[PDB]
> 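Hi! I'm looking at a structure that contains bimagrumab and have some questions.
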Amino acid sequence: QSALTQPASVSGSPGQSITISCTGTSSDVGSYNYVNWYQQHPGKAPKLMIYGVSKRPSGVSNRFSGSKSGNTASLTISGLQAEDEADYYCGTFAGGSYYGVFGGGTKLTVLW
Amino acid sequence: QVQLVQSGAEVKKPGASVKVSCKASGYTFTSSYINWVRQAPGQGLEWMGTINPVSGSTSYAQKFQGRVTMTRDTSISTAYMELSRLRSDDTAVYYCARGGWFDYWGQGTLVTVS
Amino acid sequence: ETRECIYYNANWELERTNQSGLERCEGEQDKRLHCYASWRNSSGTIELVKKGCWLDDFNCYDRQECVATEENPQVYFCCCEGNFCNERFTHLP
């Protein structure tokens, strides 16, 4: 149930790399490889981009990668493109012994 | 392909109940959980709870404890989320998603409480 | 790694499945597969609910024994890794 904290927004230029952070504590992010990332375009349903901190589902662009350092999980977007403009949410695994939580989300703007 | 299809937009009076359906196809419905999430207008994703379709066991987020019921009908691969004693601020898009990783999401269901 | 599980379905009539056998796990290749066991324990006696393949679940990672941990539920459920691992199941009181 523990809160996950994300910055309200991040802006980038096309071709640049951007990193979105998801900060928890040593008892959540720092202990489990269960942090996931969701992309949400305006007026659409979320889509899973990265799960289990760093695992990429097939179909997802290789420009999306995930990592963890201490109590912060990070989503990195390489070679920023117009279609990356969306809201990004981090979240933890939900089911069985795990209670679900999402970060407050990050609005990513691509400035053309 | 894997798909979760939800029931349509619903309009409710405050104090009423709403039941949202989530139809699973392209995979064995009883091989994974169903998670429920909501998103109020211009707000973030909020976890509501999980159901295990094999056992029928549920886990609800603290916010909804006492007014959310999650069920399933395994004969039709359909999960249900019922939210009672509706309030004006329950106006949201409700989603179902597959398993603990929320790997596939339903299209969402707008529930307006007016 | 987990490709096959013990299969059981007590609700086979309404679900239009076989009652028992071996289930080959449908893997999307980019995800882990597990086996599961589910049953009712109404005062010592075991009434088997279902057994089969279970999709990528963090709770099941590297678990060779199928152990149900939910305290006093209506229905026990466990998952495990390895072929036919759901052959054996228990609950943790």
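The order of the sequence lines fixes the chain letters, beginning with A. In chain A, numbers come from the PDB entry; the residues present are 1-112, in order. Residues 1-114, in that order, are what chain B shows, numbered as in the PDB entry. We number chain C the way the PDB entry does; in order, the residues shown are 25-117. Scope of the values below: all heavy atoms of this structure, side chains included, with no hydrogens, waters or symmetry mates. Going by what the header records, the deposited coordinates were determined by X-ray crystallography, 2.0 Å.
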> Please list the parts of the model that make up bimagrumab.
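The drug sits at chains A and B.
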> Counting heavy-atom pairs within 4.5 Å, which chain has the most contacts with bimagrumab, and what does the PDB entry call it?
Activin receptor type-2B
> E94(C) versus chain B (bimagrumab), heavy atoms under 4.5 Å apart: side chain, backbone, both or neither?
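When you check distances to chain B (bimagrumab), only side chain atoms of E94(C) fall under 4.5 Å.
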> Is it the side chain or the backbone of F82(C) that comes within 4.5 Å of chain B (bimagrumab) heavy atoms, both, or neither?
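It is both, since atoms from each part get that close.
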> Under a 4.5 Å heavy-atom cutoff, which of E37(C), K55(C), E47(C) has the most pairs with chain B (bimagrumab)?
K55(C)
> Checking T30(B) against chain C: side chain, backbone, both or neither under 4.5 Å from a heavy atom?
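Both parts, backbone and side chain.
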> So what's closer than 4.5 Å to chain B (bimagrumab) heavy atoms on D80(C): side chain, backbone, both or neither?
both
> So if I count heavy-atom pairs below 4.5 Å, which chain of bimagrumab comes out ahead with chain C?
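The chain of bimagrumab with the most heavy-atom pairs is chain B.
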> Which residues of chain C are in heavy-atom contact with bimagrumab at less than 4.5 Å?
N35(C), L38(C), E39(C), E52(C), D54(C), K55(C), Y60(C), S62(C), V73(C), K74(C), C77(C), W78(C), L79(C), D80(C), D81(C), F82(C), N83(C), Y85(C), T93(C), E94(C), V99(C), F101(C)
> Any chance you could tell me the paratope of bimagrumab for chain C? Cut-off is 4.5 Å, heavy atoms.
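Paratope for chain C, heavy atoms: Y32(A), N33(A), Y34(A), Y51(A), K55(A), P57(A), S58(A), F93(A), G95(A), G96(A), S97(A), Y98(A), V2(B), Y27(B), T30(B), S31(B), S32(B), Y33(B), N52(B), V54(B), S55(B), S57(B), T74(B), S75(B), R98(B), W101(B), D103(B), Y104(B).
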> In the PDB file, what molecule name belongs to chain A?
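According to the entry, anti-human ActRIIB mAb BYM338 light-chain.
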> In the PDB entry, what is the name of chain B?
anti-human ActRIIB mAb BYM338 heavy-chain
